[PDB]
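Entry below: contains raltitrexed.
Heads up: chain A is whatever sequence line comes first, chain B the next one, etc. Residue numbering for chain A follows the PDB entry; the residues present correspond to positions 1-261, in that order. Here chain B follows the PDB entry for its numbers: 1-261, in order, are the residues you see. Indexing begins at 1, ligand by ligand and atom by atom, following the structure's order. Method reported for this entry: X-ray crystallography, 2.3 Å. Heavy atoms only: backbone and side chains are in, while hydrogens, waters and symmetry mates are out.
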Protein chains: 2
Amino acid sequence: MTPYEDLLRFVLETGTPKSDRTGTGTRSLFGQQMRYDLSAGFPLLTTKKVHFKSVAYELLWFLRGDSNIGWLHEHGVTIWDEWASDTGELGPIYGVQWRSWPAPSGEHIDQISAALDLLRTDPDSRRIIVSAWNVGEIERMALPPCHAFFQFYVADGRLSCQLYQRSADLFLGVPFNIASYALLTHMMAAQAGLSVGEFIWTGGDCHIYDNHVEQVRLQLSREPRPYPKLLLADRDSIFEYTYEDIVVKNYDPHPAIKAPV
Amino acid sequence: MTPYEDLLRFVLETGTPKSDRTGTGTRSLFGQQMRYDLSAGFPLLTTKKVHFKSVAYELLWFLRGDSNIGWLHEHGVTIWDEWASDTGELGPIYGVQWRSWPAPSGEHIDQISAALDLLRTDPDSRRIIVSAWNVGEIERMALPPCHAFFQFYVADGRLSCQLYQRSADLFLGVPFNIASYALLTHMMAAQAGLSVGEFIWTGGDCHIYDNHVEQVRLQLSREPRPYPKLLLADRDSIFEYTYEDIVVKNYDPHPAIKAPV
Ligand SMILES: Cc1nc(=O)c2cc(CN(C)c3ccc(C(=O)N[C@@H](CCC(=O)O)C(=O)O)s3)ccc2[nH]1
Ligand SMILES: Cc1nc(=O)c2cc(CN(C)c3ccc(C(=O)N[C@@H](CCC(=O)O)C(=O)O)s3)ccc2[nH]1
Ligand SMILES: O=c1ccn([C@H]2C[C@H](O)[C@@H](COP(=O)(O)O)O2)c(=O)[nH]1
Ligand SMILES: O=c1ccn([C@H]2C[C@H](O)[C@@H](COP(=O)(O)O)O2)c(=O)[nH]1
């Protein structure tokens, strides 16, 4: 099962050429979908070595509800550095919205706690939603959210998660996004007393940048290997997980493929 | 091409039995997709008669930005009456968020105009989004938004739209939802000087209500007929469309199937 490589190949082969905000140029398709059965393995890609350390810390960073790169920086993760101000600020991005979405009333809404609370007390709910798409605050963000909106689902004790990603840099960002949300689903499941089901990735603008074509063709020439296995130490709260509470067992990827400068 | 009936059949056959809010009981799948090529035909189902008039007035009502069933009632449409207050108020639902999302600055954001603007001046944008999922105002709503979040995409002068529908009553709601978004996509296309492309329907919790099983089987037993054609009169503004402007040519459906008591 290689949902990601399948999609990458599909877009490489049938994507429409298309200009963009960065001026780099892309090939693109709209409304494409991936499904991983998380009970079958953790979807950290094996066709190139993915820097999980940065994935994990970025997610922990989101869960803290930080808007400033400082903490990410202290753990050696520089993926957000370009976009920060000189004081480190990114604006009310992902984590700020996840943890403290400002309602007109002056209350800040912790969507992550709310979601977990629903998984525990009313798992059949069709409203277990977290949205980072705060129409009123987009303009103050350094970048509008790419992974914008996500929903949980429970069936026979198993937790599934679907993410709507409006904009999908397939080579660079997407491998991070998949691992991030699979990790999140594990954490949420652990905290809710559920086992993991499916992760469904639904994308809007799914693109390959014109300057990643060689890197992509190389990746598609590689034979996929067994997915690794995710383990988590026990914690009282999702907000108490640390990097050290996470282990990825039997991760055996093909070599890393550097992003073009 | 029958994405709706296929999905309907698929949930009936392989969906998991599942309790719900209304107490009715459902059979359910998570994360299912339908695609329609809008250039091939207007996806008003033919396997049963769909009250398009209700569909069109509802959409015009959203576009007006109304929170009160009034304008709808006056036009012989009753689908929201049951959820309204004594004053006929639904709180800040679809239309209010579409036309006037409250930002923390006090400003009110007309998402419909902002999307149209992007379609006209920056059609390559990957940020052409409209969201009804306003976390801070959900509690004030009669019902949380089902069709929650949608995005536009342009390629080769062709406009596509993807809808994220967090919750979908497959028998009753979804046939309206499909028509409604296909209709809006035509309006946006005309207003931006684009032709129509794909409507992609992405669902969260997709369910058949226990009390709809017999009606579902009837619908599945019928052979589909050609889709009708949408004919939209010229207007210089999306907000100036009227019901009279909206014509459905050659709609030849099987008989209506009433929603059981
Ligand atoms: C065009 C574009 N594509 C992106 O994926 C993107 C991602 C972020 C933040 N983010 C979500 C990122 C996820 C992965 C990144 C990247 O640098 N990947 C290297 C990792 C190098 C390292 O940290 O060891 C790699 O995977 O090759 S950056 C900000 C602007 C963007 N702009
Ligand atoms: C459990 C549930 N299922 C729904 O489909 C639903 C729909 C609305 C509002 N709305 C989005 C509706 C779309 C279609 C409707 C329905 O009654 N249709 C009948 C004809 C009624 C009419 O034409 O006025 C039909 O389709 O057979 S109602 C509010 C709460 C709900 N609650
Ligand atoms: O977590 C992320 C953050 C950014 N991007 C990519 C998608 C786009 O190529 C670009 C964002 O730019 P716009 O879509 O807003 O133009 O970065 C991702 O794929 N995942
Ligand atoms: O345009 C709409 C409005 C409502 N619903 C259905 C979905 C659910 O069955 C119900 C809403 O109930 P909850 O998902 O919030 O429990 O109404 C739709 O299918 N389409």
Which parts of this structure should be attributed to raltitrexed?
ligands 1 and 2
Help me out: which chain holds the greatest share of contacts with raltitrexed (ligand 1), per UniProt?
Thymidylate synthase ThyA
Using a heavy-atom cut-off of 4.0 Å, list the other chains contacting raltitrexed (ligand 1).
A
Can you find a protein heavy atom under 4.0 Å from atom 32 (N) of raltitrexed (ligand 1)?
no
Residue, atom name and distance, where the atom is the protein heavy atom closest to atom 13 (C) of raltitrexed (ligand 1):
A/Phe176 CD2, 3.4 Å
Among all protein heavy atoms, pick out the one at the shortest distance from atom 16 (C) of raltitrexed (ligand 1); state its residue, atom name and that distance to 0.1 Å.
A/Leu172 CD2, 3.9 Å
Are any of the protein's heavy atoms under 4.0 angstrom from atom 4 (C) of raltitrexed (ligand 1), yes or no?
yes
Could you list the atoms of raltitrexed (ligand 1) found under 4.0 angstrom from a heavy atom of A/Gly173?
5 (O)
Where raltitrexed (ligand 1) meets A/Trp83 - atom numbers and elements under 4.0 angstrom, heavy-atom basis:
29 (C), 30 (C)
Source species of chain A (PDB)
Mycobacterium tuberculosis
Tell me, which protein residue and heavy-atom name are nearest atom 17 (O) of raltitrexed (ligand 1), and how many Å apart are they?
A/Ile79 CG2, 4.1 Å
Does raltitrexed (ligand 1) have a heavy atom under 4.0 Å from the side chain of A/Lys53, from its backbone, from both, or from neither?
neither
What residue and atom, counting heavy atoms only, is the protein's closest point to atom 2 (C) of raltitrexed (ligand 1), and at what distance?
A/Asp169 OD2, 3.4 Å
Any N or O on A/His51 sitting closer than 3.5 Å to an N or O of raltitrexed (ligand 1)?
yes
Side chain, backbone, both or neither: which part of A/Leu143 has a heavy atom under 4.0 Å from raltitrexed (ligand 1)?
side chain
Closest UniProt-annotated active-site residue of chain A relative to raltitrexed (ligand 1), heavy atoms to 1 Å:
A/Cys146, 6 Å
Help me out: which residues of chain A, per UniProt dUMP-binding annotation, have heavy atoms under 4.0 Å from raltitrexed (ligand 1)?
A/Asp169, A/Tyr209
Would atom 11 (C) of raltitrexed (ligand 1) count as contacted, meaning some protein heavy atom under 4.0 Å?
yes
Which of the raltitrexed (ligand 1) atoms, numbered from 1, are nearer than 4.0 Å to a heavy atom of A/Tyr209
1 (C)
Sub-4.0 Å atoms of raltitrexed (ligand 1) with respect to non-hydrogen atoms of A/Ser54
23 (O)
Starting from atom 8 (C) of raltitrexed (ligand 1), locate the nearest protein heavy atom and write down its residue, its atom name and how far away it is, to 0.1 Å.
A/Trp80 CH2, 3.9 Å
What is the residue-level binding site of raltitrexed (ligand 1) with heavy atoms closer than 4.0 Å?
A/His51, A/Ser54, A/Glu58, A/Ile79, A/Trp80, A/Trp83, A/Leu143, A/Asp169, A/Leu172, A/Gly173, A/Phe176, A/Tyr209
